[PDB]
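Structure note - zopolrestat present.
A note on names: the letters A, B, ... follow the listed sequences, proteins ahead of strands, and every chain is numbered from 1. Heads up, header says this was done by X-ray crystallography, 2.5 Å. When a ligand or atom number is given, it counts from 1 through the structure's own listing order.
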Amino acid sequence: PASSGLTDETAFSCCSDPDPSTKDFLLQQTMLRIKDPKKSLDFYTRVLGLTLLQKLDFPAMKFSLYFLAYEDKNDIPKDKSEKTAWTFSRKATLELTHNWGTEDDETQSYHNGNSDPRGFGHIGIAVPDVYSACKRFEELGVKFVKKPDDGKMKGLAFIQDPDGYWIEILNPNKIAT
Amino acid sequence: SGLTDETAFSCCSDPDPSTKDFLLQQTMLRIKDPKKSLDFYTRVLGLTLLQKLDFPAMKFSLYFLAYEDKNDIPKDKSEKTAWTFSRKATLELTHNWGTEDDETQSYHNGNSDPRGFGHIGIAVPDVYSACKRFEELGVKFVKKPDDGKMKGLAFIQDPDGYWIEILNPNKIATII
Ligand SMILES: O=C(O)Cc1nn(Cc2nc3cc(C(F)(F)F)ccc3s2)c(=O)c2ccccc12
Ligand SMILES: [Zn+2]
Ligand SMILES: [Zn+2]
């Protein structure tokens, strides 16, 4: 018999209460490789309103890490070890990995995971209003994967960041619609 | 060479007030076997299935998981949804019906060519207990906590080969 996926019963039967040893675990980051941190920084801060928590450089290994999150910049400790302990204990951060030199390599780009080979699909951002969010996006020149009133599910948008990664733009109080 | 701090910082804008209450809601991974995947993230990693949405028309299911007490999950089917998509730091797992039965099928983890997405990462109080327990349960490892230069940090794999990083935020500054 063909897969018609799991019933909710099979689904929840596979689910377990968290072992108590896991009770302070925290989903801390999603890492995406980025070609140009100038574009990506502009994009995430100026377009989507994230804040740059910390920039870490690895000279020996030739990359930097940029952690972005929705956090007030006045909360960031300014001292390096204190910044670090604070950043890595934030929930929901983006870690953008810049392998140095990819910005000036015109033969290099990353793969967004949405065409062969497929894997990762997107990150997603909850907004209060998708239609003003998207109208604002149009005004600033964001490439769209899906306009909110386009395609099948109206009220749901997918935009792209400067590397092509998909970003769902979503209204949590109108998803069940 | 890399960007200097000054170039990087000068590419950062303050958030437009328009973006007030935007929140980083979800990261989506395509998964081969939702039985394996749900068992892993709940039993092994301690996350909680918040909701399941099915779409028979396109032959796919979505599973949402977060570190959340199941006693906050509104029972009301309309209000459960609203709550779920309002939680921060969620995983949307996407099962395309069929794939669990096709031995030729696996997803790409983004860590070999063509590279992209790299990993998710989980903040833990103690990487060694965490991993000792992962090892005990048969979790497959990329980097064990003692392996390599960065000791105190691990990478494990989920049932799809997606790399999950394990770190202690209090130890990061020493490690690096
Ligand atoms: O990923 C990038 O784009 C850059 C990159 N490189 N490296 C160096 C590596 N150390 C490894 C160790 C193993 C090992 F198998 F030995 F564990 C396997 C693979 C690797 S890559 C990282 O450690 C890393 C961590 C976060 C973000 C980006 C990177
Ligand atoms: Zn990482
Ligand atoms: Zn999604």
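All copies of zopolrestat taken together correspond to ligand 1. Lab note: main contact partner of zopolrestat (ligand 1) (name per the PDB entry) = Lactoylglutathione lyase. Other chains within a heavy-atom distance below 4.0 Å of zopolrestat (ligand 1) are, by letter, A, B. The nearest protein atom to atom 26 (C) of zopolrestat (ligand 1), hydrogens excluded, is given as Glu95(A) OE2, 3.7 Å; this is a heavy-atom distance.
The protein does not reach atom 13 (C) of zopolrestat (ligand 1) closely, with no heavy atom under 4.0 angstrom from it. Look at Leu65(A) and you'll find a heavy atom under 4.0 Å from some atom of zopolrestat (ligand 1). In summary, the atoms of zopolrestat (ligand 1) found under 4.0 Å from a heavy atom of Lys143(B), numbered by their order in the structure, are 17 (F).
Contact annotation: for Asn99(A) versus zopolrestat (ligand 1), heavy atoms closer than 4.0 Å belong to the side chain alone.
Most of the residues of chain A within contact distance of zopolrestat (ligand 1) belong to the UniProt domain VOC. Relative to atom 18 (C) of zopolrestat (ligand 1), the option among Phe155(B), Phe141(B), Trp163(B) with the closest non-hydrogen atom is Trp163(B).
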Give me the pairs of N or O atoms, one from zopolrestat (ligand 1) and one from the protein, that sit under 3.5 Å apart.
{"from": "zopolrestat (ligand 1)", "atom 1": "1 (O)", "to": "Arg33(A)", "atom 2": "NH2", "distance (Å)": "3.2"}
{"from": "zopolrestat (ligand 1)", "atom 1": "3 (O)", "to": "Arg33(A)", "atom 2": "NE", "distance (Å)": "2.8"}
{"from": "zopolrestat (ligand 1)", "atom 1": "3 (O)", "to": "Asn99(A)", "atom 2": "ND2", "distance (Å)": "3.1"}
{"from": "zopolrestat (ligand 1)", "atom 1": "3 (O)", "to": "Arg115(B)", "atom 2": "NH1", "distance (Å)": "2.9"}

